[PDB]
*Asks:* 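Take a look at this one; I'll ask things after.
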Amino acid sequence: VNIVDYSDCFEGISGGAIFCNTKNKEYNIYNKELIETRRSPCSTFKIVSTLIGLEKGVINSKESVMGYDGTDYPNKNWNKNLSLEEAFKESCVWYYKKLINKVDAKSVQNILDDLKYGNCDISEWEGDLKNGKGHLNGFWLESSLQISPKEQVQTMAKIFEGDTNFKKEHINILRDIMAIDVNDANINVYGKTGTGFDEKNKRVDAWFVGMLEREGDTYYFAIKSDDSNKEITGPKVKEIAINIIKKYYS
Ligand SMILES: *C(=O)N1C[C@H](NOS(=O)(=O)O)CC[C@H]1C(N)=O
């Protein structure tokens, strides 16, 4: 465990980072207190909910559809019968809500328990209804389920090193749809953003979680901001994460 200083890449934004290479158990940690603090995963839960849906047969491939019903949404790309790949990349809430609501709560509880997914608390299945957004809510969106950045990395490692019971075919579907382009062909980066606002503490939950492959070595990582500035989003923390990867992990 090496404590490191990534502050320059954070460019004044409050946050922390953890990178882990499980081949040589080297843990690089910036802001240890924050890296161990549990918070809502927000849209980073799509990594796990995709695997749940695949395991239960609700979806089957990166083409799979969830039967769009014509409801009007402000994001143009949500207004279609989009595939799993598109729903993941567009963070389509209705698709992932419909997917998870086809799965019984005990199945979800047991999968989160097996993954050690933070507090594994799905008690508020409906999510944070007091925000007024109704069915555009759930236990993983600023609600009962909470996970620390370190636990995110531990979960990512368990999944992608083949240490869970999820099918290898399903893990490869997730790998494919998580791949991002960082304009450097010598590293393969995979990840997912998440954005929430913690109404209790007046702080954002801005995430980028994923993995980095660079010539035989693999690093599992989680970058997290808790800034009070509502402008700080998942996509913004992904930029920060990419800056760290290019500076320290290339
Ligand atoms: C996920 O955190 N969410 C879904 C959607 N995409 O967020 S992301 O760009 O950080 O991946 C909008 C924000 C949030 C939500 N409100 O559900």
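For this chain, numbers begin at 1 and follow the sequence in order. Header lists the method as X-ray crystallography, 1.8 Å. All values below were derived from every heavy atom in this structure, side-chain atoms included, with hydrogens, water molecules and symmetry-related copies excluded. Each ligand, and each atom within it, is numbered from 1 in the order the structure gives.
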*Asks:* Which pharmaceutical agent is found at ligand 1, per the PDB annotation?
*Replies:*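 You're looking at avibactam (bound form).
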*Asks:* Report, using the naming of the PDB entry, the chain with the greatest number of heavy-atom pairs under 4.5 Å to avibactam (bound form).
*Replies:*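 Main partner, per contacts: Beta-lactamase.
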*Asks:* With a cut-off of 4.0 Å, which atoms of avibactam (bound form) are near a heavy atom of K192?
*Replies:*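 The atoms of avibactam (bound form) under 4.0 Å from a heavy atom of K192 are 11 (O).
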*Asks:* Near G194, which atoms of avibactam (bound form) are under 4.0 Å from a heavy atom of that residue?
*Replies:*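 With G194 as reference, the close atoms of avibactam (bound form) come out as 2 (O), 10 (O).
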*Asks:* Which residue and atom name correspond to the protein heavy atom nearest atom 1 (C) of avibactam (bound form), and how close is it?
*Replies:* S43 OG, 1.4 Å
*Asks:* Can you list the avibactam (bound form) atoms lying under 4.0 Å from a non-hydrogen atom of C42?
*Replies:* 2 (O)
*Asks:* Any idea which residue and atom the entry shows joined by a covalent bond to avibactam (bound form)? Or none?
*Replies:*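 The entry gives a covalent bond to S43 OG.
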*Asks:* Starting from atom 17 (O) of avibactam (bound form), find the nearest protein heavy-atom neighbour and note its residue, name and distance.
*Replies:* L141 CD2, 3.6 Å
*Asks:* Name the closest protein heavy atom to atom 9 (O) of avibactam (bound form), giving the residue it belongs to and the distance to 0.1 Å.
*Replies:*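 Looking only at protein heavy atoms, the one closest to atom 9 (O) of avibactam (bound form) is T193 OG1, 3.6 Å.
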*Asks:* Just wondering, where does the PDB say chain A originated?
*Replies:*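 Per the PDB, the source organism is Clostridioides difficile.
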*Asks:* Name the closest protein heavy atom to atom 14 (C) of avibactam (bound form), giving the residue it belongs to and the distance to 0.1 Å.
*Replies:*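 Residue, atom and distance for the closest contact: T195 O, 3.3 Å.
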*Asks:* Listed by chain and number, which residues of other chains have a heavy atom closer than 4.0 Å to any atom of avibactam (bound form)?
*Replies:* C42, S43, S91, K133, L141, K192, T193, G194, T195, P235
